**Student:** 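BI 2536 + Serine/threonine-protein kinase PLK2, experimental structure. Questions below.
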Amino acid sequence: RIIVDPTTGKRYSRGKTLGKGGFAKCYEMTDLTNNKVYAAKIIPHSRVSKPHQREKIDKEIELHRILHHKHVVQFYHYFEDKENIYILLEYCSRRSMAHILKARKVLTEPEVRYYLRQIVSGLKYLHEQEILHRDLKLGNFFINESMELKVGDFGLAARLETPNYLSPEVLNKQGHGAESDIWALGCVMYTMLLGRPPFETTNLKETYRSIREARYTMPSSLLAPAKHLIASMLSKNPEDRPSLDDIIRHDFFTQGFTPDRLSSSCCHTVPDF
Ligand SMILES: CC[C@@H]1C(=O)N(C)c2cnc(Nc3ccc(C(=O)NC4CCN(C)CC4)cc3OC)nc2N1C1CCCC1
């Protein structure tokens, strides 16, 4: 199946099905210029009828376009034909962290700070570009062949003024800031090390009081530096939370081995030491 760009020329070849978004259908797409495979969202016009989703797809593109960073999924090109919206994105062959953590359950400390270093790197560029992610989760940390991490899915992204990790300040109807991303970051780290989030992720009104409030159990299994860092990122009030610069300079990062580079065997098997 060859896909021609009606505006510009211009030929692409679609390969294997990668999965679903949602709500989009995803495929491999080789730019024939060029000769290179991309992970691509193929969004038919048939699901984007309401003048409500059309704006949300347009926004994601608008925001993702101008992002250029080694730990941010690279936007390549978008176009559309008769059928379908085409968003061509950086191919990450090892899928995501949600995948690897399903196989592993829990990660070792050197692995955790290997992934977090890359996340904070990507999120920092994001936050300097005045853009907020608003949907940080393991499923949105894409991993390439070289075991490198890219932050992806700017579907919920917006610039400064339903997600996995609701912050207390968002639940106090004060909207989403940069510190609300740092909230998600602590949840991410907690899950990497323990394999269950610190709070319920149902987004139901019953877990709201639980996340005001920031009441959660800190397991004994966690080492002190890991414990002290998580507690900081998950502080009740947003102002008490550490800066992104503060996070990567914490004792958790300065003490301990740490790669790069990780072997991909770490996707399924637990690494030596
Ligand atoms: C474009 C959306 C998002 C994204 O933004 N980027 C950048 C991305 C970059 N790279 C990938 N890579 C792969 C993702 C999944 C698979 C895979 O194993 N899929 C299987 C196919 C056979 N099957 C029936 C079971 C599922 C392989 C990948 O590369 C080898 N996926 C990406 N996605 C995903 C696309 C579907 C949701 C998320």
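The numbers used for chain A are those of the PDB entry, and the residues that appear cover 42-202, 214-325, in sequence. Atoms within a ligand are numbered from 1 in the order they appear, just like the ligands themselves. The way this entry was determined, per its header, is X-ray crystallography, 1.8 Å.
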**Student:** Atom 12 (N) of BI 2536 (ligand 1): which of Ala80, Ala81, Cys133 has the nearest heavy atom?
**Tutor:** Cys133
**Student:** Looking at atom 24 (C) of BI 2536 (ligand 1), tell me if a protein heavy atom falls under 4.0 Å from it.
**Tutor:** no
**Student:** Number the atoms of BI 2536 (ligand 1) from 1 as they appear, then name those within less than 4.0 Å of a heavy atom of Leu130, with their elements.
**Tutor:** 5 (O), 7 (C)
**Student:** Considering only chain A, which UniProt domain carries most of the residues contacting BI 2536 (ligand 1)?
**Tutor:** Protein kinase
**Student:** Applying a 4.0 Å heavy-atom criterion (strictly less than), which segment of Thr58 is in contact with BI 2536 (ligand 1): side chain, backbone, both, or neither?
**Tutor:** backbone
**Student:** Would you check whether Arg135 reaches within less than 4.0 Å of BI 2536 (ligand 1), judged by its heavy atoms?
**Tutor:** no
**Student:** Return the UniProt-listed ATP-binding residues of chain A that have heavy atoms within 4.0 Å of BI 2536 (ligand 1).
**Tutor:** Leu59, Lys61, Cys67, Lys82
**Student:** Tell me which one of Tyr132, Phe183, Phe116 gets a heavy atom nearest to atom 30 (C) of BI 2536 (ligand 1).
**Tutor:** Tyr132
**Student:** Quick one: nearest UniProt active-site residue of chain A to BI 2536 (ligand 1), and how far in heavy-atom terms (to 1 Å)?
**Tutor:** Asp176, 11 Å
**Student:** In this structure, which residues build the binding site of BI 2536 (ligand 1) when a heavy-atom cut-off of 4.0 Å is applied?
**Tutor:** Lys57, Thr58, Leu59, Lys61, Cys67, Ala80, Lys82, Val114, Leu130, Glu131, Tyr132, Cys133, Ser134, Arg136, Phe183
**Student:** Measure and list all N/O to N/O distances between BI 2536 (ligand 1) and the protein that fall under 3.5 angstrom.
**Tutor:**
| residue | atom | partner | partner atom | Å |
| --- | --- | --- | --- | --- |
| BI 2536 (ligand 1) | 10 (N) | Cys133 | N | 3.1 |
| BI 2536 (ligand 1) | 10 (N) | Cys133 | O | 3.2 |
| BI 2536 (ligand 1) | 12 (N) | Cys133 | O | 2.9 |
| BI 2536 (ligand 1) | 18 (O) | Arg136 | NE | 3.4 |
| BI 2536 (ligand 1) | 19 (N) | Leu59 | O | 2.6 |

